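Within every chain, numbering begins at 1; the chains are lettered A, B, ... in the order of the sequence lines, protein sequences first and strands thereafter. So how was this one determined? The header says X-ray crystallography, 1.8 Å. Remember, it's 1-based here, ligands and their atoms both numbered in the order they're listed. Keep in mind that the numbers below use all heavy atoms, side chains included, and drop hydrogens, waters and symmetry copies.
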2 protein chains.
Amino acid sequence: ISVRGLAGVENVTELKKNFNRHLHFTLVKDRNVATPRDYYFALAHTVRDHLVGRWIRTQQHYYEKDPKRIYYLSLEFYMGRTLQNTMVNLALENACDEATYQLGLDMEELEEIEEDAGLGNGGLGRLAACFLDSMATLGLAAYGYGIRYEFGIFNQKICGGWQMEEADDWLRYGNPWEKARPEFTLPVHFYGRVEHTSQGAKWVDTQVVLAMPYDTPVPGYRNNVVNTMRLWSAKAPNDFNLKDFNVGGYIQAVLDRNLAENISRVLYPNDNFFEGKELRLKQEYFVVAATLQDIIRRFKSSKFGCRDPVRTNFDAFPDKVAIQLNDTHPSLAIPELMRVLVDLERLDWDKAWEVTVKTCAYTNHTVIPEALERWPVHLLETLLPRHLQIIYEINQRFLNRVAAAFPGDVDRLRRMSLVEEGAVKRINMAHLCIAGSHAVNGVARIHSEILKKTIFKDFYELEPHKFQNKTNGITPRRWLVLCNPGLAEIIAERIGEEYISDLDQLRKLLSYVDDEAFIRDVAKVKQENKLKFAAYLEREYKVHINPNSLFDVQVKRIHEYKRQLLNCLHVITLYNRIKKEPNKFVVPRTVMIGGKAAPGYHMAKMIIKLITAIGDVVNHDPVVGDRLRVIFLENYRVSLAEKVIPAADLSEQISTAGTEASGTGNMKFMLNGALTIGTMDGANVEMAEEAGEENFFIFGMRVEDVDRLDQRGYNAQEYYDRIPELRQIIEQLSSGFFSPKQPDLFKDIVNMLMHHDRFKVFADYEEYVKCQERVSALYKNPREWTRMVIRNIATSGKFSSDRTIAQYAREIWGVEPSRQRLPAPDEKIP
Amino acid sequence: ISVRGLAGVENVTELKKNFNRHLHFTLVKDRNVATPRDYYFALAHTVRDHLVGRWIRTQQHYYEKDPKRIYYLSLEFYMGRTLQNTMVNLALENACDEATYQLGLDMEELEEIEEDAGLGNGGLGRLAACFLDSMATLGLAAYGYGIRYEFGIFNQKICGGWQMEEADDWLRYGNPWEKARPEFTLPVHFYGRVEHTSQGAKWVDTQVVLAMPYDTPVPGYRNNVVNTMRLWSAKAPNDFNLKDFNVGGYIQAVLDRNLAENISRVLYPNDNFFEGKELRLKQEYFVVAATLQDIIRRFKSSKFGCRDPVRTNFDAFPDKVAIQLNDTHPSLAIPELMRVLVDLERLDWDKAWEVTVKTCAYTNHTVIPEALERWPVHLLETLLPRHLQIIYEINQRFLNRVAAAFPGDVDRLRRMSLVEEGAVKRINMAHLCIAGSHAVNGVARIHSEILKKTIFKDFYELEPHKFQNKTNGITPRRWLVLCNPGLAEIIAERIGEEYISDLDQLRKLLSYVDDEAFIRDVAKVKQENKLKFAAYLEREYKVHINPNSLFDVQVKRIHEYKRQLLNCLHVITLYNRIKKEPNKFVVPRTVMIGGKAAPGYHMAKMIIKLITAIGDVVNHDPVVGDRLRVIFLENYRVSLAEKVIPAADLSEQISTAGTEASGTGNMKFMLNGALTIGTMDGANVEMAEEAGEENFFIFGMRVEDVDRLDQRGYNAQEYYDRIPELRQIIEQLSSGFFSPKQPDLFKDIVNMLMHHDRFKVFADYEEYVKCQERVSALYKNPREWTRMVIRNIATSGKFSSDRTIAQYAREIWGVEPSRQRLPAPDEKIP
Ligand SMILES: CN1CC[C@H](c2c(O)cc(O)c3c(=O)cc(-c4ccccc4Cl)oc23)[C@H](O)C1
Ligand SMILES: CN1CC[C@H](c2c(O)cc(O)c3c(=O)cc(-c4ccccc4Cl)oc23)[C@H](O)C1
Ligand SMILES: *Cc1c(COP(=O)(O)O)cnc(C)c1O
Ligand SMILES: *Cc1c(COP(=O)(O)O)cnc(C)c1O
């Protein structure tokens, strides 16, 4: 059937009875009233059973051996579905496929019932998920810590061509994967005030909110390692949240508990955008405060909570603990670690600071200013009074270091301060992170260089040793084996299975680039994937597409910097050219654009409307026929990505040079047989460098060109004046050609393009359409298109998150990865 | 060990492995980190497994045979713990005891970990629970329908002698007994308006709230029948509760979902008191609206949803459905049934009314005015516009019936109206219930008579056939076998086990009233129970009591009508007499008073303080020694009742004659070997009648005496003037003898007693203390005290809820009870 594992005789039999056990005893149903959802659940519980044994021994193992622990703090974990991924990592896929088949059920049908765990916005959250998978596969004692939102990223609906948001009630039917651990609930404090008494400061009169943990297992790839992802949920205490007496109403008090519990209610749906709301700050401290208590508790046990030098010497803390800050969201971990060490453990400031810096590391994800977290001092002042004091003290000591290093450089002083003066004083969380971390890394070579040359230039000059680079990656399990079994199979047929946990081995495929059989196969799986997607499209969304056309797709969050607008200009250009010479042959294309817009991002929502507006015109023009279709992919999310990416021919990665720190969707398309048209931005640079620029479709300005244009001054009118095709498009938009009933509907888009385009869409237009013409030429030559595809696939090995994690491990955490199988799962009950 | 079932070799072995299965796979724990709570859960899941098989076949059975279904609607189900009760009804207690013993665990220790399901205030909620147990034991196709409150009755804490309330987060660690059934979620409507169009009225522009059901199994006593209790939970839809667009904030919209969900958040903590709050009305409609949809859906299937006369003829509705309204709380079921039949099914009014009346029956629980539900018309007008219209129409037609029956009786017309004029117009829910039900019953003979003679005299004259009586009862399983195994054993030793489901057989014990062995035994188990309680007291609450004294207990909700105050007067009298003649012998007593006060009931809270204030003085007077202790039993609830009742010697049932409709605590004490001191009120009358007044300690005014006093006019001063002992007590309270630091602390109590005592505490004082002297005399004669106890126990058979349910079944529902064992639980998987 494929290499989804063995369908053993004893195990298929064992699976079936357990499926039946759960359907009866767990779901309390009988075959005569069970629905597909019930069957999905019976299966999930059956699969979940297989890793608890391993989960228990893995955690017991770490307790015995006591290795250095890695704590990955993130406010986002974009997990997606977990049934298939679990089967894959446990080598259960075929056995399960067989067992459900014999029970008369279609496993694929049941998998579609699982709800996505959408606890993330996009790239940042998905990276955390890929990292968790790699850390387990590399046998690291790692823990993912976050927040268990009861409502994840909103489900996107398109009404009248506009995006409608609706709550993502992903827990509605329950989550079979998590395990509530109410016995490990921890208290988190808010508000209050600081008392300075005799021997130290005291944080007093605080409001208490409880943090209840929920654990989800993270299985490594076929190595019997099962790590833990601990997500915190907010709960109101039953006392004060009722006991603070003297009238108000007993009923009201109880109803008001959903005020403390709102902290973990919903994920902020902003991608690369900072919104300074109090609720967000509460969420950030909540995850940090609870996590750190858990980390220290575990440490106090270790082998120090037995003997060792005897005397809680936190001198060894950094030798046993590593905390990775995914962006600045969990930045309060730095002043919180100090607070605990100084205020509670009573360590001297300098010793505490030494420990803090040595255990914390920070990962920067973007350079755009509106993504930068700058919290108003009055907010921190009211909510976290002691932390503000600690931050001022950290700032004080840091600036003294700067002054000593650059005597008289007064402007440098204000530039590096963690405190920004002005309208309202604010705290720069990025500066906080750099000062309190021993390592700061960018997510792609170009991005890391930009950090040193621009945004954090002063900090790099002060401590060059802190700055590093760790190019992002994606997990080959979910992003190849899981979503593209067909491709994984033909690759395995030639080079074996060892590449699944050693992607570099994909290079061996280079020697099949002229193999007639392989070329035919690679091309066949892509055709099958396209036919499958084309069917899914009519199944769940309904309105046909041609599977013989070039599948041109751009899927990612809607952003001005991502330039979905540039894509739109090209689509309209294609349309206008066909209308000019109807009977001229052009390579048929199905351009698919999908992605969610943050609810308050007006321009992003306007772009979605433009996309659907273009499709309304183009898709119903008889003269165009099936040569051009414009489709907006609704509710783009992890599970949808697993469907479109394997079906794509052309991957659109066209952000303005210097704006996309790295990107990861780009890597997903490369691994799945799509060719890339993009700018020299983020990881694109490293991808072209790995495959050879001749096997990549690069166009547009480079970072330097953008800077040159800025010195000069960007004037869109110029491009409008010199390019007739461009002029024609802008006039079509302006006149209502794409919005008959509301002729001025797109005035904001046009106005922006012409007068305030921070991302110079027009500047890359000419080179973009020219490059697109080259893609079409090559597509007309199936054999050569496929050969270039093989060159990309064979050279994508570097982009596996296993490589990324191995680098973090060695160059930042100080731990050694290992591909050693944990001593089987075997029963055991001590 | 006792007759808690057989500890079979194969089953104890089977139990142990399943306990281990659950500890490993379900709880994901290993013996090295498992805590008593984990062990309790492993056991609960193991026991829960044993009834799913039966649960499934019972429900399948009803589907095949299609008997008339009984729907018991109640806003309260005071269930308590369910582990032990399940073991008892499944005959698993000994096997489980053995198995956990071999696993090295103390089953009794684990049982204490289970949280009470306190979804009720007291009597009314506990009655619903006893009824569910009896209906299952009598093989009735019955369903209990209610609301799944996430917060039940508050946990009571005594601080400084005052009651403090704190949220009852009973779901904190999860509920192993329930099964969420999200697939059966139903929508409930609120607000909106009524459109009268061509062919009928339409309820439009409503706000939708979803009702998600949770099912809990209700096992019958050893007959393999497992019925269902379906509790509804409120959930906000994901659309409109987000989709009603045009600014406000996406985040806010999501947070605002906890506005629709507040409906099932908390139980109103009022016992026999009406609070006209909108949230309460919403709860009442919520349970009614969801339940009725479920009832009709099931009906449409039956055997009509196959063939029969073919044509949804609701003519057979009353032949297949019976809806019992537990008090007026679910009264909206009447106009809701009409709404559905008329507005949706399009039946003519008269046919719909015929069906409604024939399927509905109402149970009245009290005659006190402040418990009467009178909803303001403006509230129903805004929240349920169509129901108000239907109620006016029902009223209209009903009054026309009255006018035709009593021509010219204009005052009768206004008296019987469902609409009350005055300050604000209100709807009398009790009148609604009588008009739309074919049966109305009181809960004890005297209460039922009072209803016909007073409160509902006009209605009784109109339709005498509607009025009935159904004396309350308690289940002998939980209230004897479960809480008093020792007593159940010695009884079984002489007459067998058949009495557990046939309490009348207890009469056979009369022939052992002179048996020397039995007398010694009955007395021994009572002594063991007392020693056990006396230990529990120091264990969990700490401060010693003497197990050799007479255990004088009054446990029930704190009320002015229940007269805990009268008890207080007696206690103070005892104290004053000892202080007067210290060296005179008196029978030692431990008087225990426990019960919760509604949070807003000031007087009730003042009484609790008085009780603790008396104990402060009495318990620390050296001269008193161990002859008199006054203890306030904290957090009285079902699980605590299971502990004190079996340990009691004297049961205090002293409400003012005519105020306690029935009472059930009184029956619990009679069954467990306590003698009763009480007034001729509620069921007390029937209890004395069953045991013989010579074996009961009756005192005080009868209903007639109370009425006589009212004609005359009650003047407390008179009693104050003629009874020195009483005068001395009132002056002690007035002067601060019991509240040194706050001398006027009890001025409200004294003022009330002297000027506005609606319950004439003083009028029964003399006869009360005189009667108490008779109890002490008899206690001094162990042998005779015990012989009187045997006369009470042997004659309590009539008070089993099996008898009550058998009467409801035959005289109201039209179904025949059956003690036939359902065809085993045996595996099966169709
Ligand atoms: C001037 N104004 C433009 C819109 C912007 C804004 C909003 O008002 C609301 C939003 O939800 C977003 C968002 O999600 C991303 C970005 C963003 C992110 C990176 C680069 C450029 C931009 Cl415009 O901007 C947002 C902010 O008010 C400043
Ligand atoms: C005059 N006033 C007295 C208090 C009463 C009241 C409250 O203000 C608040 C409450 O929670 C209760 C309660 O639980 C029971 C009874 C009650 C019930 C039956 C008979 C007599 C009484 Cl007093 O009364 C309550 C109401 O405001 C009328
Ligand atoms: C991989 C992924 C992303 C990130 O895509 P980029 O193109 O790097 O912005 C966003 N959303 C989902 C659903 C993803 O799978
Ligand atoms: C039985 C019971 C009641 C009812 O007691 P009465 O004395 O009839 O008022 C109230 N609360 C609990 C916990 C009960 O078990």
Chemist: Mind telling me the name of the drug at ligand 1?
Modeler: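 It's flavopiridol.
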Chemist: Name the macromolecule with the most heavy-atom contacts to flavopiridol (ligand 1) in this structure, as the PDB entry names it.
Modeler: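 Main partner, per contacts: protein (glycogen phosphorylase).
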Chemist: State which other chains have a heavy atom under 4.0 Å from an atom of flavopiridol (ligand 1).
Modeler: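 Other chains in heavy-atom contact: A.
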Chemist: In terms of residue, atom name and distance, what is the protein heavy atom nearest to atom 7 (C) of flavopiridol (ligand 1)?
Modeler: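 Result: A:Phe273 CZ, 3.7 Å.
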Chemist: Provide the organism that the deposit lists for chain A.
Modeler: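 It's listed in the entry as Oryctolagus cuniculus.
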Chemist: Is atom 1 (C) of flavopiridol (ligand 1) less than 4.0 angstrom from some protein heavy atom?
Modeler: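 It does not: no protein heavy atom is found less than 4.0 Å away from atom 1 (C) of flavopiridol (ligand 1).
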Chemist: Can you find a protein heavy atom closer to atom 28 (C) of flavopiridol (ligand 1) than 4.0 Å?
Modeler: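 Protein heavy atom within 4.0 Å of atom 28 (C) of flavopiridol (ligand 1): absent.
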Chemist: Of the choices A:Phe759, A:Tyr561, A:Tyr601, B:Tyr250, which has the non-hydrogen atom that lies closest to atom 22 (C) of flavopiridol (ligand 1)?
Modeler: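 That would be A:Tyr601.
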Chemist: Protein heavy atoms near atom 25 (C) of flavopiridol (ligand 1), is at least one of them under 4.0 angstrom away?
Modeler: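 At least one protein heavy atom is under 4.0 Å away.
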Chemist: Would you say A:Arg758 touches flavopiridol (ligand 1), if touching means a heavy atom closer than 4.0 Å?
Modeler: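 Right, A:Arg758 reaches flavopiridol (ligand 1).
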Chemist: Under 4.0 Å from a heavy atom of A:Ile368: which atoms of flavopiridol (ligand 1) are those, numbered in the order shown and with their elements?
Modeler: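 Those qualifying, in numeric order: 19 (C).
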Chemist: Looking only at protein heavy atoms, identify the closest one to atom 19 (C) of flavopiridol (ligand 1) and say how far it is in Å.
Modeler: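 In this structure, atom 19 (C) of flavopiridol (ligand 1) has A:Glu370 CG, 3.4 Å as its nearest protein heavy atom.
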Chemist: For atom 4 (C) of flavopiridol (ligand 1), is some protein heavy-atom partner under 4.0 Å away?
Modeler: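 It does not; no protein heavy atom is within 4.0 Å.
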Chemist: Near A:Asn272, which atoms of flavopiridol (ligand 1) are under 4.0 Å from a heavy atom of that residue?
Modeler: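 Here the atoms of flavopiridol (ligand 1) in question are 18 (C), 19 (C).
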Chemist: Which atoms from flavopiridol (ligand 1) have a heavy atom of A:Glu560 less than 4.0 Å away?
Modeler: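 It comes down to these atoms of flavopiridol (ligand 1): 23 (Cl).
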Chemist: Students should be able to answer this: which protein heavy-atom is nearest to atom 9 (C) of flavopiridol (ligand 1), and at what distance?
Modeler: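 Result for atom 9 (C) of flavopiridol (ligand 1): A:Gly600 O, 3.3 Å.
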Chemist: Under a 4.0 angstrom heavy-atom cut-off, which atoms of flavopiridol (ligand 1) come close to A:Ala598?
Modeler: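 Those qualifying, in numeric order: 11 (O), 14 (O).
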Chemist: Just wondering, which residues come within 4.0 Å of flavopiridol (ligand 1) on a heavy-atom basis?
Modeler: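 Heavy atoms under 4.0 Å: A:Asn270, A:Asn272, A:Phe273, A:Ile368, A:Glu370, A:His559, A:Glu560, A:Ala598, A:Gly600, A:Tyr601, A:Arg758.
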